[PDB]
J.: 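Structure of interest includes darunavir; see the questions below.
The alphabet sets the chain names here, A first, running in the order the sequence lines are given. Chain A is numbered as in the PDB entry, which gives 1-99 for the residues shown. For chain B, we keep the numbers from the PDB entry: what you see runs 101-199, in order. As the structure lists them, so they are numbered: ligands from 1, and atoms in each ligand from 1.
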There are 2 protein chains.
Amino acid sequence: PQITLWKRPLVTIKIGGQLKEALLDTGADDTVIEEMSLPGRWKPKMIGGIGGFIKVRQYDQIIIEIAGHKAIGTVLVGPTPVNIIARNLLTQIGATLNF
Amino acid sequence: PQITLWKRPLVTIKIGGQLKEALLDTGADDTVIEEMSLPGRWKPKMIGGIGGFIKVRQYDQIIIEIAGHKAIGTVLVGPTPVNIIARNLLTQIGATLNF
Ligand SMILES: CC(C)CN(C[C@@H](O)[C@H](Cc1ccccc1)NC(=O)O[C@H]1CO[C@H]2OCC[C@H]21)S(=O)(=O)c1ccc(N)cc1
Ligand SMILES: [Cl-]
Ligand SMILES: [Cl-]
Ligand code: NA
């Protein structure tokens, strides 16, 4: 699809069996999702942006379906105010910025 | 251009005669740049990012060049980790997300 940016580029994602809304975010390095349980091992990480840092759990090799497209990669889980699909998974679905 | 996301989508901007690096950020509503002097009056604004809220200075109708495309619009000035070009100016230069 071609998504204009008049509004927030929100899409539906499926992760851990759950449906969620998420923002497509070229300004983010790693995908960050609101608190949920995921399978497998994790390790702690701090990630930072405007307003400072939050502590997250880093899970590797997690599958997410993004707007109908399957991608696999690292997912961070913690108290983010919005679900963010970042460049680590946007590359996998072939997403580009065009102007 | 067509910009892939394997690396940070950094571009050169020109504001007040000065070149700076900025990140093209579809996950941002308004454009935020590190402290610098801009002409005219400013209005208060709070913006909420990943780690909480911060106060910035809002300047309206600022001329900015972005990767060679001219935009004129609202620029926020405050303690951001990196200069971010958000959807309010990405729409002015005709940017879209594609996959
Ligand atoms: C500041 C950027 C360098 C990085 N951020 C991604 C960015 O797109 C966030 C994504 C975002 C979006 C909503 C809330 C929090 C974070 N947008 C943002 O902070 O925009 C602020 C300015 O315009 C406003 O509209 C959105 C909030 C304001 S970040 O959320 O802090 C972040 C940092 C590291 C990772 N791995 C994932 C995300
Ligand atoms: Cl990854
Ligand atoms: Cl103030
Ligand atoms: Na894992």
J.: What parts of this PDB structure belong to darunavir?
T.: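 The drug sits at ligand 1.
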J.: Okay, contact question: for darunavir (ligand 1), which chain racks up the most heavy-atom pairs under 4.5 Å? Name from the PDB entry, please.
T.: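 Most heavy-atom pairs under 4.5 Å are with Gag-Pol polyprotein.
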J.: Can you give me the letters of other chains with a heavy atom under 4.0 Å from darunavir (ligand 1)?
T.: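 Counting heavy atoms only, the chains are A, B.
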J.: Binding site of darunavir (ligand 1): which residues fall under 4.0 Å, heavy atoms only?
T.: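 The heavy-atom binding site is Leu23(A), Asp25(A), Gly27(A), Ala28(A), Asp30(A), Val32(A), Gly48(A), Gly49(A), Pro81(A), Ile84(A), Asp125(B), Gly127(B), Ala128(B), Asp129(B), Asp130(B), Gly148(B), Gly149(B), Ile150(B), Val182(B).
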J.: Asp25(A) versus darunavir (ligand 1): do any nitrogen or oxygen atoms come within less than 3.5 Å of each other?
T.: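 Yes, at least one N or O pair falls under 3.5 Å.
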J.: Return the closest protein heavy atom for atom 24 (C) of darunavir (ligand 1) as residue, atom name and distance.
T.: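 For this ligand atom, the closest protein heavy atom is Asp129(B) N, 3.6 Å.
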J.: What other ligands and ions have an atom less than 4.0 Å from darunavir (ligand 1)?
T.: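 Under 4.0 Å from darunavir (ligand 1), there are no others.
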J.: Does an N or O anywhere in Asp30(A) fall below 3.5 Å from an N or O of darunavir (ligand 1)?
T.: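 Between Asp30(A) and darunavir (ligand 1), an N or O pair is found under 3.5 Å apart.
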J.: Within darunavir (ligand 1), which atoms have a heavy atom of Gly149(B) less than 4.0 Å away?
T.: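 Near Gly149(B), meaning under 4.0 Å from one of its heavy atoms, darunavir (ligand 1) has 15 (C), 19 (O).
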J.: Going by the atom numbers of darunavir (ligand 1), which of them fall below 4.0 Å from some non-hydrogen atom of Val32(A)?
T.: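 In order of number, 37 (C).
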J.: For atom 31 (O) of darunavir (ligand 1), grab the closest protein heavy atom and report residue, atom and distance to one decimal in Å.
T.: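 Among all protein heavy atoms, the one nearest atom 31 (O) of darunavir (ligand 1) is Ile150(B) CG2, 2.8 Å.
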J.: For darunavir (ligand 1), which atoms, with element, lie under 4.0 Å from some heavy atom of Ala28(A)?
T.: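 Those atoms are 37 (C), 38 (C).
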J.: Is there at least one pair of N or O atoms, one from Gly127(B) and one from darunavir (ligand 1), spaced under 3.5 Å apart?
T.: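 Indeed, backbone or side chain, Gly127(B) has an N or O that close.
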J.: Tell me the protein heavy atom at minimum distance from atom 28 (C) of darunavir (ligand 1), and give that distance in Å.
T.: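 Nearest protein contact, heavy atoms only, for atom 28 (C) of darunavir (ligand 1) is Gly148(B) O, 3.3 Å.
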J.: Which atoms of darunavir (ligand 1) sit under 4.0 Å from any heavy atom of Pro81(A)?
T.: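 Answer, ordered by atom number: 14 (C), 15 (C).
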J.: Report the nearest protein non-hydrogen atom to atom 13 (C) of darunavir (ligand 1): residue, atom name, distance rounded to 0.1 Å.
T.: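 Going atom by atom, the protein heavy atom closest to atom 13 (C) of darunavir (ligand 1) ends up being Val82(A) CG2, 4.0 Å.
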